[PDB]
Every structure is written in structure tokens, then in C-alpha cells.
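Check out this one - methotrexate stuck to Dihydrofolate reductase.
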Amino acid sequence: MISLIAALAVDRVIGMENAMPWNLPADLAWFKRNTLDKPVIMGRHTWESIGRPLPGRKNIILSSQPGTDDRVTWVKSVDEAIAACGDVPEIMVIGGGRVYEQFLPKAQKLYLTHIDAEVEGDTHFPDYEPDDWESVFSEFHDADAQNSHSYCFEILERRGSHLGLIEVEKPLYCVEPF
Amino acid sequence: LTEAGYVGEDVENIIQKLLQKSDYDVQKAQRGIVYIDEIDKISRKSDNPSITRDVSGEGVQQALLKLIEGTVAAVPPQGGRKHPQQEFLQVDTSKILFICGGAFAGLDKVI
Amino acid sequence: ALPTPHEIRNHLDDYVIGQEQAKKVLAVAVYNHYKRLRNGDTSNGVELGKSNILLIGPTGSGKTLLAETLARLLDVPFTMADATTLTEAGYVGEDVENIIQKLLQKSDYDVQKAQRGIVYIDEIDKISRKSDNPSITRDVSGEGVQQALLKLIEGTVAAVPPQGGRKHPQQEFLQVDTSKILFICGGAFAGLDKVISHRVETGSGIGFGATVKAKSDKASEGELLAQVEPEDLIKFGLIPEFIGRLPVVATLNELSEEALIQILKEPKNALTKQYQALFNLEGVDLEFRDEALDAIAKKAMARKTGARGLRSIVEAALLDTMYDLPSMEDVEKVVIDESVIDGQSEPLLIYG
Amino acid sequence: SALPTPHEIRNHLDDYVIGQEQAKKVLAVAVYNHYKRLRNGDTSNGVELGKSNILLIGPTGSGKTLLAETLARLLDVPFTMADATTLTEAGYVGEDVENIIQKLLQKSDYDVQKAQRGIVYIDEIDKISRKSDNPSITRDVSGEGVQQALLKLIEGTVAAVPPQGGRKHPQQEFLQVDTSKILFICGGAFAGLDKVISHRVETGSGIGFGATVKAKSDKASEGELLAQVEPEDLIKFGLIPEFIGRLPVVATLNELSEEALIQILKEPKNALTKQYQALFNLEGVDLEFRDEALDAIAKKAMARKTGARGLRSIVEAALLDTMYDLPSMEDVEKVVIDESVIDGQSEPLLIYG
Amino acid sequence: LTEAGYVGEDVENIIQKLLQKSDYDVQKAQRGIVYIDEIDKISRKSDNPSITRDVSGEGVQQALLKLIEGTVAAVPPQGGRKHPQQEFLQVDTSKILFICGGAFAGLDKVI
Amino acid sequence: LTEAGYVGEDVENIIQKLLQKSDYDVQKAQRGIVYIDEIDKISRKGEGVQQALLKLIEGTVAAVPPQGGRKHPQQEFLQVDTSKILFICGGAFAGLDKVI
Amino acid sequence: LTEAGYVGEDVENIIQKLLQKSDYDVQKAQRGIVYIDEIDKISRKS
Amino acid sequence: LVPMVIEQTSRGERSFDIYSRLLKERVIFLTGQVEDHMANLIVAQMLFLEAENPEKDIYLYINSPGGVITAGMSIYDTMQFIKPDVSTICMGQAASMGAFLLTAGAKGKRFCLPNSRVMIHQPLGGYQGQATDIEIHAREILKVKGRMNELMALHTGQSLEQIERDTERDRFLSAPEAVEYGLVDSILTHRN
Ligand SMILES: CN(Cc1cnc2nc(N)nc(N)c2n1)c1ccc(C(=O)N[C@@H](CCC(=O)O)C(=O)O)cc1
Ligand SMILES: Nc1ncnc2c1ncn2[C@@H]1O[C@H](COP(=O)(O)OP(=O)(O)OP(=O)(O)O)[C@@H](O)[C@H]1O
Ligand SMILES: Nc1ncnc2c1ncn2[C@@H]1O[C@H](COP(=O)(O)OP(=O)(O)OP(=O)(O)O)[C@@H](O)[C@H]1O
Ligand SMILES: [Mg+2]
Ligand SMILES: [Mg+2]
């Protein structure tokens, strides 16, 4: 029950380490709304962009280095991090590229926010084809005063689809005395 | 349209279309009309034995039995503005008039 | 105090007509469930179990009608499902766990109320595998759904998604025990009569000692369906494990001409009453002669669609009338006679 | 430690389960053998002993799940039941095998020691058998996809322990208690395996005077065939050869007999007869089941081919009419069920009082 | 091309290829020309009784009856820079010319 | 290989293998030399499999599933023109000697 | 075993299993051997 | 010319001859003189049906005027060997071998149409050669008579002495009369 909520931009340029190139308040509202009261695995690089501990969430920074703060939970491996969350019904992965790439293979949902603004980001979200990701929720907004460019929301769930078969028949062959 | 659990479409998207026309007004969509064209192509190949699931034929008929009569469909909350994050909209199909249509080529011989 | 089966049957007779066995089976089941809830303290070492019903009847018999009728009087949370939408876990189709979610919504998130409810999985005959033979491909909508429900009928702890039912601010898997939830399945099982005939009737062949009936004396669908045994259901394509969780097997009987006549006027929302409402809200009276009802029943039986056939016959007889009457003026009543049902005559409109 | 012996636990399993003598012995010997290694761990023994993972293969209504449930009651180590029909490959929206260990920790009370000493009963192992013959487009997200994941758990993997109970603090107390020290018991009915086993052992029939022509009654039952099962048969069914190898001991249950069914009606603590008597007494009427009726009920249930579950059908039917009018009629003290009632030619006599 | 719910391809791919050449501009794609080659291979092999389901033959003919005439098709999610997936681009094929070419080996005898 | 609609591997798969050897490049793949083999034995009384290949050999654009080096970043399925690939289709025609 | 980085088992897992055995030393890793078995089963008659 | 009929099955329709179609229904025809060639054909049919279903009865029609004894003792031994009961229906005529093969059917599953005729006589033979050989052949034919007379008494219920006094010369018996001796059990007149 892992999630990889992100704010993917054109050509999946997450730009997490570098300060958010758009700063859309709505994108943060979506984040907050879908990440409140649940643990939020992140990365040390991402933890240096926010600084303060997110309120109401069990912040779990996955930093190889030792822990530097005592207001957030500190883990140093991917297998322990998932366990460190506990038995919560849904986990949210908000870390950067490295974090996303490590948790995506074990992710069930994707709270994506597709921003239209084009930036030359250095970090990118992993590649996810659409045949295996069956969308569930989608919302389309438009650029406003606070939101420089338009922003679209989306939720997906990994679900498989079966395919029919050839439906071949069984012909018969008759044999006579001669 | 195809049976549930297969790559093809589903019988619930029909309500999505009806919703879009109604402007996502469940009350309006619940009192709408539908026209399912080509209802003669989902016919069961009765001459074949029941050895495979006709996901395109009999499979689609078995799925509309409760839709055309009445059920509570679960449609994805998709649209311009959707208040329910993941609370799939419940639409009652007990007041939606369905008007099927087909050419039924070959029925003349049967009669 | 709790209501007796007789009382329940009375409520089920206002809407249904002619299904005595199914009404008794459902009445005792609800009665037992009611005492199995009242007697929650379990004042005996034994842990009282539950019996699940499997309504096996032909089309237009009252399978879904009974389920709906039950929800009107009972108080415990009740839900309806559709096996055609359900698929095995891990596929695009719906999940069996969603059923509990819908029950929780009607229970107001009171797990205790939901833990003791009645479910009605309809169209349970569509998930039946092709035959007892092994399936070469994964029957996502067939066997898959059967194997997924096995634990739900006998009992298990289902992890319904958080923030379900009525409770919106919840971030923790809620647990609901499915060991005291009466799952009432139901299907039409079209083609079962042939399977049963191959067992109850043997010897059919060419010769002097074989058997021939001519279809006049051959048993009817109802008669054959009343001899259904698990061995037949297995051939029809129901895994033995699924049948075991459905001990009670109540069979409905194909409605008869006499019963169809009563269904046109006796029921609470009888067909005739529905049409009278239309003609009456516009300002015209409508009545049906007793002879007309008998004629309609004979035609409907030929359609082989049960009570549904009635609506078709009625719509045709009053089609022309409902097309020109809205514009007609100074008309107060319409009378349908036997002649109208056969087309020889046209309804006589009483002007006024 | 190891206070109870195999005989002792067998006497405890007989209180709830009637029959399945061989299955009880296998489950007893294996549980005791595994427990002995657990007493001392490696037991300062150079040679590495093989595991005793059990594979319960029995007909429907034989007692597979019942054995696991009753065994858990007398055990102290954590016991978690898992259904193989809800487990999906990693990443998909369905459950993952990894949470099975998590559930075990909850029952274990987050005690690493107790956790590595638990027993995991995986029911419905016959529903994940790979059947699709070279699909090549889709993914077996409920078949082989799950079999491979199970292999890792039974053959070793890390089970990092998070401090679920103790308030999560910035501290890593994960010692990675390997799952190889856990006894995995996989159940399943394997419907159809009898046909597979028959072909391998099929004597072969002909048409002449020296052929082996046998009537249906002269054939062998699934119980006899299942007893002769071999690994090759399980592979044909759709199980990975490596997976079955991890489970060396196979316990084959036997279809309940008339005698066993008669006992199940009255001997068990919560038998059917007692269950119906309880509700009949809840209303204020005594229920009496003549011994003659009990054998009759068993005869019919043996034909339903639903195991012990058939008993509930026969009983519910016989009492349908009575249970419908009894709550309304008054001046009734006791009800007696005789053989005639079961057949359907008589109506239960009532002791008016 | 094959019927919906099978391992082959679907008739909506034809409209996807038209978007790749139209820079994913539905408006422009709705005023394009198509050419379906080998239209003689989706013809019933004298199977008038319709014994089985011709997912590759008659089935494909039954799926084009509304594409060649006009309908609001559900184009696959994307094959370009479109970010969303559920978009399921809706294109009207009522102003899209449809040429169909085949060899019809044997038609000379029928005539 | 087999026709479409059947469980048998599709002809487009050959394009996939070609690109993989090309190390995720178009220039190289465009200058590649594919070698079909065992062309015999798929003849009449087969015909369907020969119909699909009949087009690829004389030019056709094909959707290359984006999987491999960095999962093939290109979001257009890295289309490739099959009208510049030398198709050296071989085979041992057992029996042709007699026919001749 | 199944298709490399595709539906089914991942063959890349095999080269990783021996990576730790080689103490993350490419030199030793190259000197290793991969003992595949039951190859007669996956052989065609797909 | 034997007409060809079609049988509708799930797999499809198949064309079989009238006799073969009836064979599927466990119906064997015994017509004409009895000989080794036709006897082996009937034996093969009985063995084939036994393998298909060793619990379903087999029907054997008898419209033959008699024939070789040895050819008829193979069929008899084959009927008594196989597990399924072999019903016998007399159709028109049943001579010595036909009647011997009509009373050999399973008890309770023997029938004779209302206008059928049954004839029972003693074995016929003859040999030309030396007196020593005539004696050898004479003793053997006398053993077959005693052997066949004993088998009929077992299947009919009559005393051996009566069978000897009734088979000395040709004895014609109608269907109602055959029921009183034991050659048949009931008479089929209508379907029900
Ligand atoms: C740098 N950054 C990373 C960031 C930004 N937008 C995202 N948007 C999405 N959809 N997903 C994320 N992973 C995501 N991550 C940020 C920036 C601000 C806050 C923040 O202040 N969050 C507030 C909500 C905003 C507010 O009200 O101040 C909170 O309470 O969690 C968090 C992450
Ligand atoms: N005994 C009855 N009394 C009154 N109405 C009936 C009766 N039987 C059928 N009906 C009519 O038929 C409809 C209910 O159909 P029903 O509940 O029989 O579904 P079903 O046909 O059994 O389900 P399926 O289509 O899956 O077989 C109602 O509209 C009702 O008016
Ligand atoms: N040997 C037995 N002794 C007592 N009760 C039994 C026995 N076998 C079956 N039962 C009865 O059957 C029910 C449990 O059946 P169980 O779950 O063991 O069947 P199963 O083999 O698990 O079926 P499936 O193979 O479908 O899972 C209980 O209600 C129990 O009373
Ligand atoms: Mg219904
Ligand atoms: Mg079980």
C-alpha cells in the first residue's frame, strides 16, 4: 500500500532538489490533502528543501548518513523504511528521484499532478507506461493568479487486464475400410 | 464493450458519457436516456458449445441485465471539478430508459 | 419482540405471489439471524453458525424482488451486489471486499451493525465456469470470483479501505468479521434443467426398450429444478467448495397463468396500477376487464420471459391509445376488453 | 520446554477433529520435530537438518482448516492465517506476501523471538497454480507471480522488525529475524488432482477377454488416489517443482465416512445437533435427535459430496417447516426427530406442554 | 486488427496513428484521410452459418460500422507528450474519409 | 511467428530484438542487416504469417515498445522506418531440387 | 526464470545474487559461474 | 442400400449408417443364417460396448432362421461372460440357435413381439466315412444335444426330461406360449 505522490511537470521534470520551479499553492494543497495523517517517506535532499517537520505526518527521512534532527523519524535503508511506517493503510513517498525510483516497483497508487509549465529540470520521475496503470480519479484546472500555469491532477492504481484466447476447434477425421 | 476484467471497455463508461452531457449532475443523469447501437453483434453463438467465455458477446449481455433494470453503478470521479477524491459516484440506473438497436441479419430465416 | 416467520411471510406476500418455499426459507433465515444477534452473549458452549441460501429459479420468478422486499422491513444493514462486476484480486474489475464497503456505508460505520448483516449476491450463475473440466486460462470473472468468496462465506477478517462508510476522517484499516453475515446468493442457472434431466432421466435411445416422451409428458423446468443436487451444480460449473458454503438451496417455481393473473392486480405495485397512475395523472381513468387479464396471461406465457412478458403485451395493446389520447379532449375513462388484447377491437373511450 | 509430546497434542486434536489419523500424526511429528530445533536453535550440531514444511491435501469438508484453527488454540507461538486468493504480485493493488510477516508480528506482540517461532498457515494454495498455457502478453498476478514470492520467504529473507508498538523514534532496532526458522503449512483441496494421479497409476483398459474392465463402483476414490500422490502430479497441476520441494512432508486427508459423520453430529463441542438444540431452547422448546435419524442424515450427506457441510443442509431442510410454524404455535414442550422425518414421509411429533 | 477484448489490435489504433501525423491535434485529426489496406482478409471465409466468432474477420467488420460512418471513439491514452492517462481522447470520425483497398482473389468467379 | 489475434509471437517482436542489438539507436538500426531464417515450412497447406512479413520487408513504420536503456526515454515509442533494413531471408528449401 | 526485465521472473536477479558473493568485486564476479538447471523443461516442442 | 443418418452433437453433426447409429445405443442386430463370420462380428460389438459402459444393458434383436451351432455357442459364451445384461427381443422368427440365443438373455429382460414365431428342434448333422469315424462323430453330436438341452432347461426352468420330449421333433411356439415355458418373460405390444 505504497504511494508516490508527485508534482510531475512536462517531460516528467520533478526538480525536487532544486527549489520548486513553479510554487503552485494548489499543488501543495493536493499534496497536503492526500498526505495528511499518514507517514511520508522522503529523502535527505527533499528534507533540506522544506526544513521544518511536516505537521501531523510521520516524517521518515531515508538518509544514509546518521540522523541530524530528533523531530522526525530517521531510517537508512529502503527495506527498513517501509517497515518503519508500521501497519498504516497507505504510505506516501514524497522523496526525490532516488527515493521514487526505489519505491515505485512496490507502489500501488500514484497521486500525480501534471503541471503544464516547461522547465529544464535535472531530476526526472521514472518511466511508467499506461497499459498497466488504470486511472481512477482525474481533475482538470486552469491557470489563475496564484497558479502561474495550469495544473491537472490524477490518481492511478496498478491493475491487470486479461485477454481472450484463440478459441480453436477440434476437427474430426473419418476412416473407412478402404 | 467487453466483460469486466478485460482490456476492452466496460458497461459503466456509458454512465460517464451520460454524466458529461448532464454536467456531472447525478440527478439529471439518473433521469436520462441511452441508445446502445449494434445490439445484434453481442449475440451468443448458440451453435458453439459453452466451452469459452464470450467476453464480447454473452459476457456483455450478462453485464447489462442489472444496468437496464437497475443497480448502483460505480463510475470513476473524473471531470473538470470532482469533489470526491476517491468516493466513486453512485448512479442509480432504475430510471434511465435504454433504447437498444440492431440489424439482426439472419433473423428473417429463423422466423 | 422479534417478528415470527409468519409475519415476515405476510410482508413478503404483499409484493410476491406464488413462492411459498422461498418465503419460508428466507423467513426462518431472518428469524434465526435475529435471534443469533439478540443472543449475542452466547449462553452455551456452542458457537452458533449460519446457513447461506442459494435461490435457484427461472427468469421472471421473483429472485431479485424478494431481496428488495426484504430490505424494506428488516432493520439490520442490507446490501445488494452483482457478480458480473466482481473479479479476482489484482485486476481492473471490482474487488469482493467492496461488498463490505457498501454494507458499512448503510450501517453508518457501526462495525457491530455491519458485522451482523444480510448480503444478496445476484447473478451468481454468470460466474460459473464453463464446466467441471479444468480451465486452460485464468477465469478472472468466473472461478476467480468463486475462490475469492470462499473465505467471505465461511468467515474472515476483511480490511476495508480506510475512511470508509460514514467515517470520513480515518487513516487506519477497519476490521469487519464476515462470520455472522448471511450471504444470500441467487441466479437463474439457465441450462441446469438439461443437466438434471441427464441424471433423473436415463435410457433415452433408439430401440424397443428405450424411453420416449414427446415433450408433452416430459418434466418441466420447475419440476427438474426441484430435484437439484450438488452433483448437478458441479457439472453446471460451480466448484464444490463454493457449493459447500451454500447449504440451503431454495428453488422457485415457474409462474403459472393463474399466478400471472394475480400479479397484475394483487401486488402493492402491480403492473395494472402502474399504468392507471399514468392515465390518471393526466386526467383519465383506466380499468381492465377480468377477461382481459386472463388473455394477457396466456400471451405472456408464450414469451417464456416470466412476469416481464406482461409489460410487453400491455404496452402493445395500449400503444396507439397512449399516442393519440394525450391530445384528445373531453375523455374521462378507457376500458380494455378481451377483444382489444387480440386486436379485433380498439379500446372504447368514455367521453365526458 | 517441549512439555507436550506428539501423543498429547494428538489427544487434543481429537477433541475437535474426528478422524484423519495419519494427518494428525504428521502434523504432530513435524510440529514436535521443528519445536525441538527451536528449543536450542542450532543445537550446537554441525549437520544441517532439513525443514518439515507440511502440505495439507484433503477433500472439501475434510478438516484442513479445522486442524489449523484448533492447533492454534493449544499453541503459544504466534499463529497467523493467510488466504492465497487475496495475495498478488508485488506492486499491484492486491495484498503482498510481505504483510503476512507483519501480521505475525502483531500476533507475536512485536517480540522478535516469538516472531521467528511462529507458524503461518497459507490456505487455498491450490488456487494459485499456473494454468495459462504460454499467455505471453499478460502477467500471472495471482498465480505463478505469487508462487515465486513464497519461495523466498520459505527459503530465507530478511524480516526487519520495526518498533510498531513502542512510539516510533529516530532509532533503528531492526535485527532482521530470518524467516527460514518459520514453519509454513500450506493447505488446499486440489480439486482435479485425482484425475491427474489416476492417469499416472491408470492400469489401462482394453476391449477383449483379457482386458481390465472395471465398473465405477470397483474403481478407487479420490482419498485412495490422493494418498498415492507424488511430486510429479503436483507439477502437472500447475505448481513450481522448486515450490513443492520446499514442502517435503505431504499429509493426505481421507473423505469422511458414515461413522465419522455420525460422530461429528453429537461428539464435537459445537456440533450441529447441539447448535440447533441451543436455538430451539432459546425459544423454550427441547430438541431431541434419535440415533436412528443420525445415520440417515449421514447417508444423504455422503452423496452431496460436500463433506461435513452437507449435514447442515439435510438438517436445515428437515426442520424448515417446523421452524416456520413453531415460533407461532404455543403449548409445545419438546420435538422429536425420527428416521421417517428425514426420509420425508412423516411430520415431527410435538410434545404439547 | 481484432475484436475488442482479444490479444490482437483494436480499430482505435488507426485513429492513434492519425494523431501521430497530426501533432496530436484532434481538430486536425478530425479532417484527415485514412487508407485501410488488405480489406479482403477480414471477410468471412464463406462462413455464412457463423459457426464460431470471427474475431479477425466478421468481428472487425462489425467494429468499423460506426468508425467508417462516425462515432466518438476512445483513443488510447497517449503516444506523445500528453501527460494524463485517463484523458482517453475523444475524436469524431464523421468527417474522416476512409479508403479501403483489397485484392478480392476469387471475386472474378462470383461475378 | 504467427498471425495477429493468436497466442503466437507477433512479427513486430522482431523489430524489438533489432533495436536492442542497436544499443538504443536509430542510425545504427537503420543500417542494420536482419536475417530471417527457416522461411520454408510456413508455406501453403503459414499463408497468414507470410502476409504480415510481406509488408515489413518492403517498408513499414513500427511502434517500438519503449523498454531498455533508461526505458527508452522517447515518448513516441521510438518509431523506425523498415524500408532501409536489408532483409536477408534464408532457408533450406528441401524438395526444390526435385521441382526444378 | 522468465523474460529479462519483463513479465515473469527477472534474469537480472541472477547476476545480482552473485554480486554479494563476489564482495562487490567485478574481478571475482567475472570469475563466477552460473549453474542453470531444468533447461529441458523450457525447451520448445512456447 | 443402407440409408445414412445424421446425429447432432456438441462438437457438430456426424453422418453414420443406420446400423452404426443404433450401435451407439447398444443395439445389436442378429439377422440371417448364423455363421463364423457374422458371429465374430457380433462378438466384437458386444466386447466394444462392454468397454464403453460395463453397467448398461445391451439389446440383441433376433430375426434369424438358425445356423451353425458352433457359431452360436461363441455368442452365447460371450453374453454370459460380459458383465452387462444382454436383453433379447424376438422379431419375426427364432429357430434353434435363435431361440437358444433368445432364452439365454438376462432373466427378466427377454421379450417376444405378439406375432413372433419360435421354433426349437434338435441338432442336425451327418458324416460320411468309415464306421469307426461315424461312431466318433455320432457320440460328439449326441453330447452337443445333451449340452444344449441342459442349458435350455437352466434358462427356461423346465425339466430336462420335458426338453428332451419337446425338442425331439420341431416344436413351434407362439409368443404367448413361449412365456409359459420360459423362453421369454414378457411381450411388447405398445410403448406404454
Ligand atoms: C519542496 N516541497 C516538495 C514537494 C512539493 N510539492 C509536491 N506536490 C506533490 N503533488 N507531491 C510532492 N511530492 C510534492 N513535494 C514541499 C514544499 C512545501 C511543502 C509544505 O509546506 N507542505 C505543507 C502544505 C502547504 C502549506 O499549507 O504550507 C504541509 O503541511 O505539508 C512540502 C513539500
Ligand atoms: N412472483 C412475482 N410477483 C410479482 N412480480 C414478479 C414476480 N416474478 C417476477 N416479477 C416481476 O419481475 C421483476 C423482477 O424480476 P426477478 O426478480 O424475477 O429477476 P430475475 O429475472 O429472476 O433475474 P435474472 O434476470 O437474473 O434471472 C419485477 O419487475 C416484478 O414486477
Ligand atoms: N474431521 C472433522 N471433525 C469435525 N468437524 C469437521 C471435520 N471435517 C469438517 N468438519 C466441519 O466442516 C467445517 C470446516 O470445514 P473445513 O474448513 O475444514 O473444510 P476445508 O477442507 O477447509 O474446505 P476447503 O477445502 O473448501 O477449504 C466445520 O464447520 C466443521 O464442523
Ligand atoms: Mg434478477
Ligand atoms: Mg478451508
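Letters A, B, ... mirror the listed sequences (proteins, then strands); counts begin at 1. Order of appearance sets the numbers: ligands from 1, and atoms from 1 within every ligand. A restricted portion of the entry is shown here, and the contact count covers that portion and nothing more. When the header is checked for method, it gives electron microscopy, 2.8 Å.
- To find every copy of methotrexate, look at ligand 1.
- Other chains near methotrexate (heavy atoms under 4.0 Å), by letter: A.
- Shown here, atom 30 (O) of methotrexate is in close reach of the protein: a heavy atom of it lies under 4.0 Å off.
- Listed by number with element, the atoms of methotrexate under 4.0 angstrom from any heavy atom of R57(A) are 29 (C), 30 (O), 31 (O).
- Considering backbone and side-chain N/O of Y111(A), none are found under 3.5 Å from N/O of methotrexate.
- Contact annotation for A6(A) and methotrexate: only backbone heavy atoms (N, CA, C, O) come within less than 4.0 Å of the ligand.
- At under 3.5 Å, a nitrogen or oxygen of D27(A), whether backbone or side chain, sits near a nitrogen or oxygen of methotrexate.
- In this structure, of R52(A), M16(A), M42(A), the residue bringing a heavy atom nearest to atom 28 (O) of methotrexate is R52(A).
- Proximity to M20(A) (heavy-atom distance under 4.0 Å) selects the following atoms of methotrexate: 5 (C), 6 (N).
- Proximity of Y100(A) to methotrexate, defined as any heavy-atom pair under 4.0 Å, is confined to the side chain (atoms from C-beta onward).
- For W22(A), the heavy-atom gap to methotrexate stays at 4.0 angstrom or more.
- Proximity to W30(A) (heavy-atom distance under 4.0 Å) selects the following atoms of methotrexate: 10 (N).
- Proximity of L54(A) to methotrexate, defined as any heavy-atom pair under 4.0 Å, is confined to the side chain (atoms from C-beta onward).
- Close approach of methotrexate to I5(A) (heavy-atom distance below 4.0 Å) involves ligand atoms 10 (N), 11 (N), 12 (C), 13 (N).
- Counting only heavy atoms, the protein never gets under 4.0 Å from atom 26 (C) of methotrexate.
- At under 3.5 Å, not a single nitrogen or oxygen of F31(A), backbone or side chain, sits near a nitrogen or oxygen of methotrexate.
- At a heavy-atom cut-off of 4.0 Å, the residues contacting methotrexate are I5(A), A6(A), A7(A), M16(A), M20(A), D27(A), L28(A), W30(A), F31(A), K32(A), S49(A), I50(A), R52(A), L54(A), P55(A), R57(A), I94(A), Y100(A), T113(A).
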